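Consider the following structure, which contains amlodipine.
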Amino acid sequence: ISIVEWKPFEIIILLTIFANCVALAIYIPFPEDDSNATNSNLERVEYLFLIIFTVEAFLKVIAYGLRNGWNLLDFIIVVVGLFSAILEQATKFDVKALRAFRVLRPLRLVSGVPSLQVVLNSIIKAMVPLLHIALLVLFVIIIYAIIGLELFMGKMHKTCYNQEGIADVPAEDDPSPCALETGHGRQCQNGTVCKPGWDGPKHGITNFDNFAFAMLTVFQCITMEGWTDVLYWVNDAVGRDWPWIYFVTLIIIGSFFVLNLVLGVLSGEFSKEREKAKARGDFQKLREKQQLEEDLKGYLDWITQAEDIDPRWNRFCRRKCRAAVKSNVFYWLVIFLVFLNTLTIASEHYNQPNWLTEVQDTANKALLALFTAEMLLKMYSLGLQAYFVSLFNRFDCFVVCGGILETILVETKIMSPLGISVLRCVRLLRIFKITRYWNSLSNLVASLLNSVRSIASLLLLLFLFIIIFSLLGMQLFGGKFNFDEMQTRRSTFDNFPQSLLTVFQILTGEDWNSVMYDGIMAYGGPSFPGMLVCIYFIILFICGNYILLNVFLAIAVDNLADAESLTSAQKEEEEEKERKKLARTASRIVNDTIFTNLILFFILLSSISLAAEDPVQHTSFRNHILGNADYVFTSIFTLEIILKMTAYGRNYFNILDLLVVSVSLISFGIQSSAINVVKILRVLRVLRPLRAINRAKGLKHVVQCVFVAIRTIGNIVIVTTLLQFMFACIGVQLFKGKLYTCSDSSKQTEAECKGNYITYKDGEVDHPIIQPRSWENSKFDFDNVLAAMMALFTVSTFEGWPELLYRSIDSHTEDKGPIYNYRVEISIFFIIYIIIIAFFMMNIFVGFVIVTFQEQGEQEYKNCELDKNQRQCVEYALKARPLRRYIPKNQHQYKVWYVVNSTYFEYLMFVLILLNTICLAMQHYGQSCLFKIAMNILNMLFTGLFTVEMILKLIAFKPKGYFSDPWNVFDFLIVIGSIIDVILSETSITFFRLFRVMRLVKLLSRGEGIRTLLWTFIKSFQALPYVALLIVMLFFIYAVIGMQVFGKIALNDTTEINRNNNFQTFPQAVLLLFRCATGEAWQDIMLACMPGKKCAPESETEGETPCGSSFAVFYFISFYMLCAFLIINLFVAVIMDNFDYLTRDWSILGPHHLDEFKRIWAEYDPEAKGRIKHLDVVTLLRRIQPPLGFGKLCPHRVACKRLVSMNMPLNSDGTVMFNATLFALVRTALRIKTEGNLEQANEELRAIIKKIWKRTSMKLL
Ligand SMILES: CC(C)CCC[C@@H](C)[C@H]1CC[C@H]2[C@@H]3CC=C4C[C@@H](O)CC[C@]4(C)[C@H]3CC[C@]12C
Ligand SMILES: CC(C)CCC[C@@H](C)[C@H]1CC[C@H]2[C@@H]3CC=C4C[C@@H](O)CC[C@]4(C)[C@H]3CC[C@]12C
Ligand SMILES: CC(C)CCC[C@@H](C)[C@H]1CC[C@H]2[C@@H]3CC=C4C[C@@H](O)CC[C@]4(C)[C@H]3CC[C@]12C
Ligand SMILES: CC(C)CCC[C@@H](C)[C@H]1CC[C@H]2[C@@H]3CC=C4C[C@@H](O)CC[C@]4(C)[C@H]3CC[C@]12C
Ligand SMILES: CC(C)CCC[C@@H](C)[C@H]1CC[C@H]2[C@@H]3CC=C4C[C@@H](O)CC[C@]4(C)[C@H]3CC[C@]12C
Ligand SMILES: CCOC(=O)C1=C(COCCN)NC(C)=C(C(=O)OC)[C@@H]1c1ccccc1Cl
Ligand SMILES: *[C@@H]1O[C@H](CO)[C@@H](O)[C@H](O)[C@H]1NC(C)=O
Ligand SMILES: [Ca+2]
């Protein structure tokens, strides 16, 4: 039977695997044991599949006697399938729920394709460096869960219950936590009473009652999805003073810092893989392919036209054709024609005038005829096949073929695909050829087409992952999202396309918590067995985001690096060609230092001044001080300019200072129409913070760097804008005037949807309510191109995109209402737009920033030998010294010191800290009195033990050596906050019990990997304090502008501008901007800031709803773009600062080995000094790590022979000093040289390396 196992038997089994995957898609999970005929057949087909994968595992089992992971998966799948079938037939715990193993069968499609197995291994092998970040995330989640347990435990269980009973939550359809008259949170007021006893904001799922519930809430907040909801619930529960310190800090630490770490590690790994695969020379094949194609058409056209110069009438037939295409006039004429085609395509809109629809149909045919004629003219003058040779010419040929195909229909339906004339806009991308960077865009496309095979493999593995998780979700939650609620969920797992859409939505991370809550309630509620189903959503989110990162960052980084290398090589070749061609043919106190400062302080004070204004109250005593305080502030800057204007006559920042001061001074007057002009020059007062530039060195540097980066990435921005415009045109064709709906679902026209109709509260037939029928459009529609660009932008931001998707799926016909699930196949448009724009273009932009930062800097060309290990080795050897030990004396201190400095004591206290953390982690809601007393006494016992440790280590280490390790002063401050915590506990303040949790960081700061990673990234963050000052300034400026513009809108609890979210205070405006930067409901806030809102009663006819502004669109879009750009800039700057650690190659010698050697050497020296023992070398050569020193070889051997053979410094037997022997060890480890090269190293170290300050007098020999 070992004969038929290598023939296409293995392809027969592969086809069997594909038909057990197209039978798990056809399956429809019906609610409550329902079925149909297709399922009745699929059972028998699965029986046949089970028979086949059994006698095929038997042959391999009785052929080779289960070791490989894939064959083990085969075996387990087969056995559980047989077990499930047998148990199902016998019973004809849940029986049918054991069929979830059948979704592992598609995982075998990569075991039969090694080409997919290699990319799977490449994706998997990048997980190992991220395990440290995973551990850090776990620790942060645990710490914040315990803090939330200690802060908000069981404080969100009271809602308004009305003053007639406790029937059910008579506070809107979305009840919120409240507080009593003795509380600080939200007050119900009017005919309501804040009565204790209530499930929770999300049916009791979102709260800090338990440690598991707190951990789930913390994870959901860290994923940045629905964290403002939790923050606002906490604000309503306990108050609006100190939950922002919790939630904002959690968001900053666990979402931005962690993302920075992940991006840095992934970029370092990708760079290492690139530098390892470049040695093979894969770039050469791409390099040699471009020049072979450049000379191809350059020689074929030479052959072509030489035939026409002749020796039938081609002399008067061919010269003009090739002299018109290359005339530079045909180029511009074709560009103008394409511009006209774009003009007529983009002029289409809903309810257009009847003349426009005729103009744009006549012009379409005319331009189609013209472009076909031009294509035919070019088709023969440059060879029929040589015309096909070119890249963009293939695009033109395909566009013409498709246009001719779709313009002759004129009888069939759905003419939306006829608008492939929009891809003709890609042909005008030759406008880059006239300008620069055309060799940077076309090189990118060439690299993409060269690597399309790996691109397809990477995109297919992601599709397989999505298919597997969609099948698993269809099995788990299929036909279960059917509860008694009146509204029907749209994101369900009922079908295969619906499951695919739901899994894609969860992968994008938008409203994934809603699907998680739906899945949790489908299995009961917040209970131990029911709520374990959230593991599916957690794993799906984490793994999908990780896979998307590893795919779309690898593609972008590799392709962009290849394109940049191609461009650099091409530039070098052009330089060499044009050089060799030329090498032959030719042959007043304002200039002070303290003043300046004092006035950059005033500038800071002036910036602080206008942030403290009152946005809403026009007249208030606080503004009396501030309004008259700016008067004296403006005088100082007015005096500053006059004192300077005499010195000279002008730069570009004195212009800005003048534009500030003159505007302020004229604004002091104005009078007359003090409504419009004042409201412009009052918001023009946001330029004062910008005066810190040119007055604070470093701010100017970072601003100039950001401007250079903008100028570099403008090409990618332009290409993304072009693609967005094309997709907007396609969407306008698809959904023009189709996204209208009526409040009454029974009317499908505007004329019908008129008058009143009866609604029922919660669908209770006994409670009818009259409401008016209204013909409404979608929030973001596709009526015209401008209305579609913004809808696509909001889709790309992953904000409210499922709502638009499910609104577009129902649309069927212009001017008519929706139909449930009319065109589910239209979701491919949104999927493709998200993949191309929100996933590929964004990662291309980030990789472009990374590459343009990497090719800057390191290209300083430090070509004074000394490659990228030895400079660091030499500087470390120069900057080194023996360390201290402090070995107790008093012969009594030694005993306690030995006790406290052992490893067993350290491990014992680590276990004690773990036990204390576990004790803190089980403070549930509704605990009994015995539990509380036991917890109190256990906390007392732990704090006593830790005081005992502290006393032991003041003695052992003395009161000077204790407060020397910074881990000790932090420990000292922690426990003293626990001793006096018990003092105030028996007779409150919640701040003092948070010190116990903070002690868990000692466990985190014990592994050499996480410690080094965190330390290096923190140092890189500290070393760049202005890249974050840029974000701070942007936030401040936009907060002030929002306060001035939208600061008067009313706080309506049913609108997105309310008590928790508003512009009425600088902290509140900053919090709103932070929430928008996270991207929570920024589109909803923008729509709530549009003009026509009744607003603040405390500001003072014809003004019914006169406030608001149409500036909101630009405000909220520009803020999003600028915030994303600046955050990416900061991330890449930190990554490039820390890039040395991210690409380390730990196998080779590194500074960590030097640190270990120093820590081994430290104990043998009583002081720093530099005096050693001659016999100490015996243990020195044995204690060194073999990669750093020598292995398990005998001491008195060639190791000692070479140690003594080297010319040591002319010292005594043991008076040689530490840096000398360190340099000797580093030079013997690597970069070895023959005798007589000492002077070469001596002269080299004083040229490129830092100054020695004549401190190497004894190190010369
Ligand atoms: C899809 C991959 C990860 C393999 C499948 C693993 C999961 C989906 C499988 C393996 C173990 C299975 C569970 C084993 C036991 C029980 C308890 C029973 O009362 C209901 C079914 C239930 C709850 C099964 C549901 C499906 C299950 C959780
Ligand atoms: C040539 C390309 C790049 C740009 C094309 C711009 C022109 C054709 C487009 C862009 C925005 C369009 C407008 C968008 C919306 C409106 C409002 C309404 O009254 C219908 C027509 C009108 C006024 C459109 C007319 C055509 C329009 C002005
Ligand atoms: C996502 C995959 C790859 C890994 C996670 C496995 C998931 C799907 C498995 C592991 C544990 C499982 C749960 C274990 C126990 C129960 C309780 C039972 O009364 C209903 C099913 C339920 C709630 C299971 C649902 C499926 C489950 C959550
Ligand atoms: C580094 C720089 C940008 C920090 C700037 C901080 C300034 C703008 C912040 C910090 C503290 C803030 C104040 C904190 C509290 C209040 C009380 C509130 O009822 C009105 C606003 C007011 C009076 C704030 C005004 C703005 C303020 C002074
Ligand atoms: C790593 C571990 C030890 C951390 C802490 C987890 C344990 C101790 C936590 C998590 C889940 C918790 C339980 C979950 C639900 C309830 C129901 C409630 O009415 C009484 C407490 C009780 C029974 C909790 C007791 C403590 C508990 C068992
Ligand atoms: C500089 C960041 O701008 C964005 O956040 C973009 C989003 C939203 O960010 C994508 C988050 N996934 N949506 C659209 C479509 C974009 C646009 O209109 O380009 C002009 C920009 C963008 C701009 C330049 C380069 C890339 C991108 Cl993605
Ligand atoms: C704003 O709040 C008031 C207070 O009850 C309410 O009457 C009004 O309807 C709200 N505005 C809107 C648009 O609903
Ligand atoms: Ca969201």
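FYI, the numbering just counts along the sequence from 1. As a basis for the values below, the full set of heavy atoms in this structure was taken, side chains included, without hydrogen atoms, waters or symmetry mates. Order of appearance sets the numbers: ligands from 1, and atoms from 1 within every ligand. Determined by electron microscopy, 2.9 Å, according to the entry header. Only a slice of the deposited entry appears, and the contacts counted are all within that slice.
Taking every copy into account, the model assigns amlodipine to ligand 6. In this entry, more contacts with amlodipine come from one chain than from any other, and UniProt calls that chain Voltage-dependent L-type calcium channel subunit alpha-1C. Applying a heavy-atom cut-off of 4.0 Å to amlodipine picks out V717, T720, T721, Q724, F793, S796, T797, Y833, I837, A838, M1121.
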